[PDB]
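HIV-1 reverse transcriptase in complex with nevirapine.
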Amino acid sequence: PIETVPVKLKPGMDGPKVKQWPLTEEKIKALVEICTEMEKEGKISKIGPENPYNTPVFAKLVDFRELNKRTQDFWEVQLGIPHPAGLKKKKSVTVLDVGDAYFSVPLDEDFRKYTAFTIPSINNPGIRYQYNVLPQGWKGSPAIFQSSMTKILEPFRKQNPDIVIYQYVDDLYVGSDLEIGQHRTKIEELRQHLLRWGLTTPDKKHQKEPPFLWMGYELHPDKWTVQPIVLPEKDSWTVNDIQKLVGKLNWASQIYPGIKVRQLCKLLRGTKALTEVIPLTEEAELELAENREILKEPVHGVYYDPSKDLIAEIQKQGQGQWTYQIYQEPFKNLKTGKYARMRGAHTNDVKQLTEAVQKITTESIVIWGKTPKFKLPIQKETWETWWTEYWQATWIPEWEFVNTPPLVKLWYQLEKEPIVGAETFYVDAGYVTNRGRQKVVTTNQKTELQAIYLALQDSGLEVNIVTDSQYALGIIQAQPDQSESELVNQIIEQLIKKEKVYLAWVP
Amino acid sequence: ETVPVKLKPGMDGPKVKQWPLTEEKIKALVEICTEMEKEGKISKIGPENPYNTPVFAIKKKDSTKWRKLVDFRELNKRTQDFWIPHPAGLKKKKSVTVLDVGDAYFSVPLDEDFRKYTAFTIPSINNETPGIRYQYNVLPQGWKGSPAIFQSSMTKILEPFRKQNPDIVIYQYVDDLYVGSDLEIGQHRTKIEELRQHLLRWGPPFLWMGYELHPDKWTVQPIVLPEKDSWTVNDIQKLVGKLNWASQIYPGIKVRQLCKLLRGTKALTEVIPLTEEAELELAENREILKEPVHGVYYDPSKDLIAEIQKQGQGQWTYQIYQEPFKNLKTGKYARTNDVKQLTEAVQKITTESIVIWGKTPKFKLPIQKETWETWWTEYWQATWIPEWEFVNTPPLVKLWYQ
Ligand SMILES: Cc1ccnc2c1NC(=O)c1cccnc1N2C1CC1
């Protein structure tokens, strides 16, 4: 019937030789009825004492741990899964359950001898068998089956370029844009194509109907969403509850715009046990309530229409927080999202926004096979200035400035040349200015930034600063506007305050 | 009838992740692979094959078509060494044209048992479908085994031109053929075109548009010092710092007299007329930097490393060495956008690396993986793929170059 896939054991390894655990006469009974029905259907066949391999059977379950450890590797079952926002709308979508998946697919003739197992006798031998098909629980079954499935489908597919089929382990999602009756016709046409291969499917009235809850999503043929999340109404929250809450809040962000978890997240600081109860902060309940609210109103993701453009829009939600949404028709979201990723202890919004663009870009190629046109709250001048002067290579695709505050800008800029008539501070924790002044006021690296801070404090609106620290130099030259370190942030505060600042390094 | 090839003792085949592609590139790749299959060059494969190499589709120069690039890097490292040496005359030639002789390989079957290792996958948008899988039946373009295994057949079809025109130096590296000469740029393009038919007529587009490298005109970017009217305290500080660095290379450099014009905590902008001692010390230092340090030699047994620096305004600086501070070469590259330039840089620099030493370098790129992974294939046109890693360029090193 269906082509056989050549299997082999890993190199320099012999088949399994594991002893059958002792069995109940009651259990021996049942296995023999089960293994007799199976030999009549060809799935297995009695073998002689020629075969020295054996796998454990219990009550019918065959333990293939050993054989699996010894079987070769196969190509990756379901590398990744599609994201609902990358689907094209359908009038009808039918899910086809496939029972006896493995049992209708033949096993490499030269491999069967390794699938041998034994049914113990009740009276002081026990029957010996081997598989002629793909055994449930075997390493390669899932793959050999996906692959096989694919082959069977190909035809049907070439004769119905309209229908779209997605294979998901044992399910089969079949959509189209056929008039209601027509769709059902094709579906039943498919069901037979699978029958001509001993593959069985559910009858129209036994089939699950839209929406389909999939991997945390709720799917219709025309619009999508994630399966309804309910926010608890406790008065006592455990570290665990908060983790799960944040977890779920998170998952929703891909479609529910406005979800925030910062305040809830802050609750895990210093916790000492998963069962520790943390009381909610004023800001934390305000956040929960806001979410609980946003959630109350269901929102539906819309599917992809390839004849139209992909628009990506990004907004700054807070310090280090970004939100974006991708759509084709205004506010008609295919998908939304957040980005909090801080790469490096220090950064500026310009760098961060760029990283957001990149994540979004990557994601898009994966979901739609192309990049979106971006709408960004930064002007080309601002962008260009930073790009033009940053040591790292970077690139941002087609983007259009959007006047949607907050706009990202550079809070400060280091003079490219020393300043005339601006005092000069020499720092190494203390300074010595050229005008006589001085102050000799922690990790090595943190003592360095301390100096610089001092100098900034005591200086006027213009300053020239010389330091030997290549570190601080690096830091400040990258013109961060936000930092994990408090010191820095104070320095940054200073920086923004000045009129002109020139920093220089000396050995 | 096929020659047996093997993986280095104990080694298994490649299982490299395929980087996500654009619908554009994927459609091209399907168009392509479907016709390579019809010609029995590749064959689809099953679950029993777990190996994988990444494929990409790049553009050809003045071709309407796309080229299929298979990143055989991981495989190449696991392929047995084969037992052609490099002509140091090639780098002296005036004009070197580069041809793509990759298609020659598609006429030689590949040892049935090795095939499974050439597996690659053609992804599908959003994981909506399984993903088309193939393995090569012939020698694939890009794999180190292919030139080696075709060497013989190659030398033969090239012994006539090589003796009927021994003024021409010919070097082959993977899918590429480097044709050198001293002829006039006009005499070149003609002798070149004849070789094309003498290959066609003896059963080939050229690379880098239809152009000539001019290796004879490749020089080292010596370290330079600011030459200027008056010197401020800043200028000098910048000067000493730069000098101090360069002294680890050229130990003859002295800063004593310069550091002296710097005693006292002076205003940065204060102009400092230079003394006689200072001025002549700078002169010496300047004289020293006029040429590459002596002693540096190319070791064939070591890796050729190449770091690039972003300078700005479409300007980059790079260096090729094997041992830190001991550069074998230094250059500059200027004109787009950052990425495009960095890629044209990398490629330009690999070619020379190939022409000069016949081996590609290991690059250190100032860019995030994801950004690079995303755009490189857009402007890439070479048939090979060097190795590379990603770094964080120190603001002081950029400063010390150009
Ligand atoms: C779970 C899943 C994965 C991939 N595609 C789909 C589905 N399921 C659907 O319900 C669906 C909905 C709308 C459009 N395509 C869909 N289908 C396509 C197959 C008809």
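All chains are named by letter (A, B, ...) in the order of the sequence lines, taking the proteins before the strands, and each is independently numbered beginning at 1. Every heavy atom of this structure was used, including side-chain atoms; hydrogens, water molecules and symmetry mates were not. As the structure lists them, so they are numbered: ligands from 1, and atoms in each ligand from 1. If you check the header, you will see the structure was determined by X-ray crystallography, 2.6 Å.
Other chains within heavy-atom reach of nevirapine (ligand 1), distance under 4.0 Å: A. Taking every heavy atom under 4.0 Å from nevirapine (ligand 1), one finds A:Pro82, A:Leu87, A:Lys88, A:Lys90, A:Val93, A:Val164, A:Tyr166, A:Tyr173, A:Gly175, A:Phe212, A:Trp214, A:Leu219, A:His220, A:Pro221, A:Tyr303.
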